[PDB]
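Section: structure with dinaciclib.
Chain A corresponds to the first sequence line; subsequent lines are lettered B, C, and so forth. Chain A is numbered as in the PDB entry; the shown residues are, in order, 29-134. Here chain B follows the PDB entry, giving residues 29-134 in order. Order of listing sets the numbers, starting from 1, for every ligand and every atom in it. Worth knowing before you read on, the calculation uses all heavy atoms, side chains too, and leaves out hydrogens, waters and symmetry mates.
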There are 2 protein chains.
Amino acid sequence: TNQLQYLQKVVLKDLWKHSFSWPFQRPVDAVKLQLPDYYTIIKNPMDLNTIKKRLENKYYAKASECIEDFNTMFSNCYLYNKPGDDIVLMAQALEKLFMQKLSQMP
Amino acid sequence: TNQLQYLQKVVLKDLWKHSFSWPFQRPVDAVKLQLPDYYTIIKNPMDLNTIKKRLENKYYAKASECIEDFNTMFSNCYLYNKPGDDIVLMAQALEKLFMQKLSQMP
Ligand SMILES: CCc1cnn2c(NCc3ccc[n+](O)c3)cc(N3CCCC[C@H]3CCO)nc12
Ligand SMILES: CCc1cnn2c(NCc3ccc[n+](O)c3)cc(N3CCCC[C@H]3CCO)nc12
Ligand SMILES: [Cl-]
(Lines of atoms letter the chains of each structure in order from A and count residues from 1; the text may use other names and numbers.)
(Lines give C-alpha, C1' and ligand atoms only; values in the text may rest on other atoms or scores of the structure.)
(Ligands and ions follow the chains in the order given, each with its own letter.)
Protein backbone atom coordinates (compact mmCIF):
# COMPACT_ATOMS: atom_id res chain seq x y z
CA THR A 1 0.00 0.00 0.00
CA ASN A 2 2.99 2.30 -0.57
CA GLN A 3 2.03 3.75 -3.96
CA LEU A 4 -1.57 3.73 -2.74
CA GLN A 5 -0.47 5.78 0.29
CA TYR A 6 1.13 8.23 -2.12
CA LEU A 7 -2.08 8.45 -4.15
CA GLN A 8 -3.98 9.16 -0.92
CA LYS A 9 -1.59 11.36 1.10
CA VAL A 10 -0.03 13.28 -1.79
CA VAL A 11 -1.97 13.19 -5.07
CA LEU A 12 -5.52 13.40 -3.76
CA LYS A 13 -4.89 15.91 -0.97
CA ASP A 14 -3.00 18.18 -3.36
CA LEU A 15 -5.73 18.07 -5.98
CA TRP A 16 -8.40 18.57 -3.29
CA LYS A 17 -6.96 21.86 -2.05
CA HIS A 18 -7.52 23.56 -5.42
CA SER A 19 -10.88 25.19 -6.07
CA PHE A 20 -10.91 23.71 -9.58
CA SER A 21 -11.52 20.34 -7.92
CA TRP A 22 -14.70 21.52 -6.14
CA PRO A 23 -17.11 20.43 -8.92
CA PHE A 24 -15.44 16.99 -8.80
CA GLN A 25 -15.58 16.45 -5.00
CA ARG A 26 -19.05 14.81 -5.11
CA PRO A 27 -20.94 12.76 -7.69
CA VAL A 28 -22.68 14.90 -10.30
CA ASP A 29 -26.10 16.09 -9.12
CA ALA A 30 -27.84 16.07 -12.48
CA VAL A 31 -30.98 17.73 -11.18
CA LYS A 32 -29.43 20.51 -9.08
CA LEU A 33 -26.98 21.41 -11.82
CA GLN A 34 -29.55 21.01 -14.60
CA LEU A 35 -27.69 18.31 -16.60
CA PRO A 36 -30.80 16.22 -17.43
CA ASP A 37 -29.16 13.57 -19.59
CA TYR A 38 -25.94 13.24 -17.56
CA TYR A 39 -26.62 9.73 -16.34
CA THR A 40 -28.12 8.77 -19.70
CA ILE A 41 -24.80 9.63 -21.44
CA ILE A 42 -22.11 8.77 -18.83
CA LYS A 43 -22.20 5.09 -17.89
CA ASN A 44 -19.31 4.97 -15.45
CA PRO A 45 -19.62 8.05 -13.18
CA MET A 46 -16.63 8.95 -11.00
CA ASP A 47 -15.68 11.60 -8.46
CA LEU A 48 -12.89 12.39 -5.97
CA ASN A 49 -15.07 11.55 -2.95
CA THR A 50 -15.75 8.06 -4.29
CA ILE A 51 -12.02 7.70 -4.90
CA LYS A 52 -11.32 8.90 -1.33
CA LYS A 53 -13.73 6.39 0.22
CA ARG A 54 -12.19 3.62 -1.86
CA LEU A 55 -8.75 4.51 -0.54
CA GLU A 56 -10.06 4.77 3.04
CA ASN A 57 -11.92 1.44 2.84
CA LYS A 58 -9.02 -0.42 1.19
CA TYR A 59 -11.13 -0.97 -1.92
CA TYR A 60 -8.17 -0.88 -4.30
CA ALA A 61 -5.78 -3.82 -4.61
CA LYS A 62 -3.18 -2.07 -6.75
CA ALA A 63 -2.36 1.53 -7.65
CA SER A 64 -3.44 1.02 -11.28
CA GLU A 65 -7.05 0.53 -10.17
CA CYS A 66 -7.00 3.94 -8.48
CA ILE A 67 -5.34 5.58 -11.48
CA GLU A 68 -8.07 4.12 -13.71
CA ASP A 69 -10.66 5.91 -11.57
CA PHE A 70 -8.92 9.27 -11.91
CA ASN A 71 -8.64 8.71 -15.64
CA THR A 72 -12.35 7.87 -15.85
CA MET A 73 -13.26 11.05 -13.96
CA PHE A 74 -11.33 13.22 -16.43
CA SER A 75 -12.46 11.46 -19.60
CA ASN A 76 -16.09 11.50 -18.38
CA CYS A 77 -15.94 15.28 -18.29
CA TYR A 78 -14.35 15.46 -21.78
CA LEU A 79 -16.96 13.06 -23.20
CA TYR A 80 -19.96 14.83 -21.73
CA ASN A 81 -18.80 18.35 -22.47
CA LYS A 82 -17.05 20.20 -25.37
CA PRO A 83 -13.91 22.34 -25.89
CA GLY A 84 -14.05 25.72 -24.22
CA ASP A 85 -16.48 24.75 -21.44
CA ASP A 86 -15.46 26.06 -18.03
CA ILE A 87 -15.71 22.59 -16.51
CA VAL A 88 -13.41 21.27 -19.22
CA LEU A 89 -10.81 23.88 -18.45
CA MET A 90 -11.04 22.89 -14.81
CA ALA A 91 -10.74 19.21 -15.69
CA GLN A 92 -7.66 19.99 -17.78
CA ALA A 93 -5.87 21.80 -14.94
CA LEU A 94 -6.67 18.98 -12.44
CA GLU A 95 -5.41 16.38 -14.91
CA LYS A 96 -2.18 18.24 -15.57
CA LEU A 97 -1.54 18.48 -11.83
CA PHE A 98 -2.46 14.80 -11.47
CA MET A 99 0.03 13.67 -14.14
CA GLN A 100 2.74 15.82 -12.52
CA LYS A 101 2.16 14.19 -9.12
CA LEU A 102 2.11 10.72 -10.65
CA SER A 103 5.55 11.16 -12.22
CA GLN A 104 6.95 11.51 -8.70
CA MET A 105 5.40 8.27 -7.41
CA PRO A 106 7.82 5.62 -5.98
CA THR B 1 16.99 11.18 -23.18
CA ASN B 2 16.45 8.28 -20.75
CA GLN B 3 12.70 8.48 -20.18
CA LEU B 4 12.26 9.88 -23.68
CA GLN B 5 14.04 6.82 -25.04
CA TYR B 6 11.47 4.62 -23.29
CA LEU B 7 8.58 6.62 -24.75
CA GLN B 8 9.96 6.14 -28.26
CA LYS B 9 11.36 2.59 -28.10
CA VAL B 10 8.76 1.04 -25.78
CA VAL B 11 5.59 3.12 -25.49
CA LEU B 12 5.16 4.49 -29.04
CA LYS B 13 6.15 1.24 -30.75
CA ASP B 14 3.85 -0.93 -28.62
CA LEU B 15 0.89 1.38 -29.24
CA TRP B 16 1.65 1.69 -32.98
CA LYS B 17 1.37 -2.08 -33.44
CA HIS B 18 -2.32 -2.23 -32.46
CA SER B 19 -4.92 -1.73 -35.15
CA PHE B 20 -6.81 0.59 -32.79
CA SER B 21 -3.97 3.08 -33.17
CA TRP B 22 -4.44 3.26 -36.97
CA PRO B 23 -6.83 6.23 -36.78
CA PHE B 24 -4.28 8.14 -34.68
CA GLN B 25 -1.17 7.55 -36.82
CA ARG B 26 -1.79 10.61 -39.02
CA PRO B 27 -3.36 14.04 -38.46
CA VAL B 28 -7.14 13.98 -38.78
CA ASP B 29 -8.08 14.55 -42.42
CA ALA B 30 -11.38 16.38 -41.91
CA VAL B 31 -12.49 16.30 -45.56
CA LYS B 32 -11.79 12.64 -46.46
CA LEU B 33 -13.35 11.46 -43.21
CA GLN B 34 -16.18 13.95 -43.45
CA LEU B 35 -15.60 15.73 -40.08
CA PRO B 36 -16.28 19.31 -41.36
CA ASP B 37 -15.89 21.15 -38.05
CA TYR B 38 -13.02 19.10 -36.64
CA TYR B 39 -10.48 21.93 -36.84
CA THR B 40 -13.06 24.54 -35.77
CA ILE B 41 -13.74 22.57 -32.56
CA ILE B 42 -10.30 21.11 -31.78
CA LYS B 43 -7.74 23.88 -31.21
CA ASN B 44 -4.75 21.73 -30.37
CA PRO B 45 -4.70 18.67 -32.73
CA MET B 46 -2.29 15.85 -31.97
CA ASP B 47 -1.42 12.44 -33.42
CA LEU B 48 1.09 9.62 -33.08
CA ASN B 49 2.99 10.65 -36.20
CA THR B 50 3.61 14.16 -34.87
CA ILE B 51 4.77 12.64 -31.58
CA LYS B 52 7.04 10.30 -33.52
CA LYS B 53 8.63 13.13 -35.47
CA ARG B 54 9.17 15.07 -32.28
CA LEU B 55 11.05 12.20 -30.69
CA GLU B 56 13.15 11.64 -33.84
CA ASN B 57 13.96 15.36 -34.19
CA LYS B 58 14.84 15.69 -30.48
CA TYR B 59 11.99 18.19 -30.07
CA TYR B 60 11.12 17.39 -26.44
CA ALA B 61 13.47 18.60 -23.72
CA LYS B 62 11.73 16.45 -21.17
CA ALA B 63 9.46 13.41 -20.68
CA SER B 64 6.54 15.51 -19.38
CA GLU B 65 6.27 17.41 -22.69
CA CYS B 66 5.80 14.21 -24.72
CA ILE B 67 3.39 12.72 -22.18
CA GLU B 68 1.47 15.99 -22.49
CA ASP B 69 1.07 15.34 -26.23
CA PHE B 70 -0.30 11.84 -25.68
CA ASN B 71 -2.82 13.21 -23.18
CA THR B 72 -3.91 15.87 -25.66
CA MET B 73 -4.46 13.30 -28.41
CA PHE B 74 -6.70 11.32 -26.01
CA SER B 75 -8.69 14.20 -24.57
CA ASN B 76 -9.10 15.61 -28.12
CA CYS B 77 -11.00 12.47 -29.20
CA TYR B 78 -13.11 12.51 -26.05
CA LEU B 79 -13.95 16.21 -26.47
CA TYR B 80 -14.80 15.94 -30.14
CA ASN B 81 -16.81 12.74 -29.88
CA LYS B 82 -19.17 11.18 -27.26
CA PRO B 83 -19.64 7.91 -25.27
CA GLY B 84 -20.29 4.84 -27.34
CA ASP B 85 -18.53 6.09 -30.48
CA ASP B 86 -16.17 3.54 -32.09
CA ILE B 87 -13.30 6.02 -32.16
CA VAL B 88 -13.84 6.60 -28.46
CA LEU B 89 -13.66 2.91 -27.61
CA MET B 90 -10.43 2.91 -29.57
CA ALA B 91 -9.00 5.92 -27.76
CA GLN B 92 -9.85 4.26 -24.44
CA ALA B 93 -7.96 1.05 -25.22
CA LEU B 94 -4.99 3.12 -26.47
CA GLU B 95 -5.04 5.27 -23.32
CA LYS B 96 -5.27 2.25 -21.05
CA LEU B 97 -2.31 0.60 -22.78
CA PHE B 98 -0.49 3.91 -22.59
CA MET B 99 -0.98 4.14 -18.82
CA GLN B 100 0.32 0.60 -18.20
CA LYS B 101 3.46 1.30 -20.20
CA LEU B 102 3.98 4.56 -18.33
CA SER B 103 3.90 2.72 -15.01
CA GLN B 104 6.95 0.77 -16.17
CA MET B 105 9.08 3.82 -17.01
CA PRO B 106 12.45 4.36 -15.27
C1 LIG C 1 -18.42 23.44 -6.09
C2 LIG C 1 -19.78 23.66 -6.73
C3 LIG C 1 -20.31 22.53 -7.65
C4 LIG C 1 -20.87 21.32 -7.24
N5 LIG C 1 -21.19 20.59 -8.39
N6 LIG C 1 -20.82 21.36 -9.52
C7 LIG C 1 -20.90 21.12 -10.99
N8 LIG C 1 -21.48 19.88 -11.46
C9 LIG C 1 -21.42 19.52 -12.85
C10 LIG C 1 -20.19 18.72 -13.26
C11 LIG C 1 -19.13 18.46 -12.26
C12 LIG C 1 -17.96 17.66 -12.64
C13 LIG C 1 -17.84 17.14 -14.00
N14 LIG C 1 -18.91 17.40 -14.99
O15 LIG C 1 -18.83 16.97 -16.16
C16 LIG C 1 -20.08 18.19 -14.62
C17 LIG C 1 -20.41 22.10 -11.93
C18 LIG C 1 -19.84 23.34 -11.41
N19 LIG C 1 -19.32 24.41 -12.25
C20 LIG C 1 -19.44 24.29 -13.70
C21 LIG C 1 -18.25 24.85 -14.44
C22 LIG C 1 -17.83 26.18 -13.96
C23 LIG C 1 -17.72 26.25 -12.49
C24 LIG C 1 -19.00 25.79 -11.85
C25 LIG C 1 -20.30 26.54 -11.70
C26 LIG C 1 -21.23 26.28 -10.53
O27 LIG C 1 -20.57 26.13 -9.29
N28 LIG C 1 -19.77 23.54 -10.02
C29 LIG C 1 -20.27 22.53 -9.06
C1 LIG D 1 -7.00 3.72 -40.27
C2 LIG D 1 -7.84 4.52 -41.26
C3 LIG D 1 -8.18 5.94 -40.77
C4 LIG D 1 -7.47 7.11 -41.05
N5 LIG D 1 -8.09 8.17 -40.39
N6 LIG D 1 -9.20 7.64 -39.69
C7 LIG D 1 -10.21 8.29 -38.82
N8 LIG D 1 -10.13 9.73 -38.63
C9 LIG D 1 -11.05 10.39 -37.75
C10 LIG D 1 -10.49 10.54 -36.34
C11 LIG D 1 -9.22 9.87 -36.03
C12 LIG D 1 -8.67 10.01 -34.68
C13 LIG D 1 -9.37 10.84 -33.69
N14 LIG D 1 -10.65 11.50 -34.02
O15 LIG D 1 -11.25 12.20 -33.18
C16 LIG D 1 -11.20 11.35 -35.36
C17 LIG D 1 -11.25 7.50 -38.21
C18 LIG D 1 -11.29 6.07 -38.47
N19 LIG D 1 -12.29 5.20 -37.90
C20 LIG D 1 -13.25 5.73 -36.93
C21 LIG D 1 -13.77 4.77 -35.88
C22 LIG D 1 -13.75 3.33 -36.22
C23 LIG D 1 -12.59 2.95 -37.03
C24 LIG D 1 -12.55 3.79 -38.26
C25 LIG D 1 -13.47 3.81 -39.45
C26 LIG D 1 -12.92 4.12 -40.82
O27 LIG D 1 -11.58 3.70 -41.02
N28 LIG D 1 -10.31 5.47 -39.30
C29 LIG D 1 -9.24 6.29 -39.91
CL1 LIG E 1 -17.50 15.49 -26.02
Specify every chain or ligand assigned to dinaciclib. ligands 1 and 2
Out of curiosity, which chain makes more contacts with dinaciclib (ligand 1) than the others? Name from the PDB entry, please. Bromodomain testis-specific protein
What chains, other than any belonging to the drug, come within less than 4.0 Å of dinaciclib (ligand 1), counting only non-hydrogen atoms? A
Identify the binding-site residues of dinaciclib (ligand 1) using a heavy-atom cut-off of 4.0 Å. A:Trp50, A:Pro51, A:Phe52, A:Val56, A:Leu61, A:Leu63, A:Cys105, A:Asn109, A:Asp114, A:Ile115, A:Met118
Could you tell me the residue and atom name of the protein heavy atom closest to atom 23 (C) of dinaciclib (ligand 1), and the distance to it rounded to 0.1 Å? A:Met118 SD, 4.0 Å
Within dinaciclib (ligand 1), which atoms have a heavy atom of A:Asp114 less than 4.0 Å away? 21 (C), 22 (C)
Among protein heavy atoms, which lies nearest atom 26 (C) of dinaciclib (ligand 1), and at what distance? A:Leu61 CD2, 4.5 Å
Considering only heavy atoms, which residues of chain A annotated by UniProt as JQ1-binding lie under 4.0 Å from dinaciclib (ligand 1)? A:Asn109
Per-atom contacts, dinaciclib (ligand 1) versus A:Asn109 - under 4.0 Å to a heavy atom: 15 (O)
Atom 13 (C) of dinaciclib (ligand 1): which protein heavy atom is closest, and how many Å away? A:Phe52 CE2, 3.5 Å
In chain A, which UniProt domain contains the majority of residues contacting dinaciclib (ligand 1)? Bromo 1
In the PDB record, what organism appears as the source of chain A? Homo sapiens
Shortest protein heavy-atom distance from atom 9 (C) of dinaciclib (ligand 1), along with the residue and atom involved: A:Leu63 CD1, 3.6 Å
How about atom 29 (C) of dinaciclib (ligand 1): does it have a protein heavy atom within less than 4.0 Å? yes
Protein contact of atom 14 (N) of dinaciclib (ligand 1) - nearest heavy atom, named by residue and atom, plus distance: A:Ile115 CG1, 3.9 Å
Relative to the heavy atoms of A:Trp50, which atoms of dinaciclib (ligand 1) are at a distance of less than 4.0 Å? 1 (C)
Around atom 10 (C) of dinaciclib (ligand 1), find the nearest protein heavy atom and jot down its residue, atom name and distance. A:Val56 CG2, 3.8 Å
Around atom 3 (C) of dinaciclib (ligand 1), find the nearest protein heavy atom and jot down its residue, atom name and distance. A:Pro51 CA, 4.0 Å
When you pair each N or O of dinaciclib (ligand 1) with protein N or O atoms, which pairs come out under 3.5 Å?
unit_1                : atom_1 : unit_2   : atom_2 : d
dinaciclib (ligand 1) : 15 (O) : A:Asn109 : ND2    : 3.2

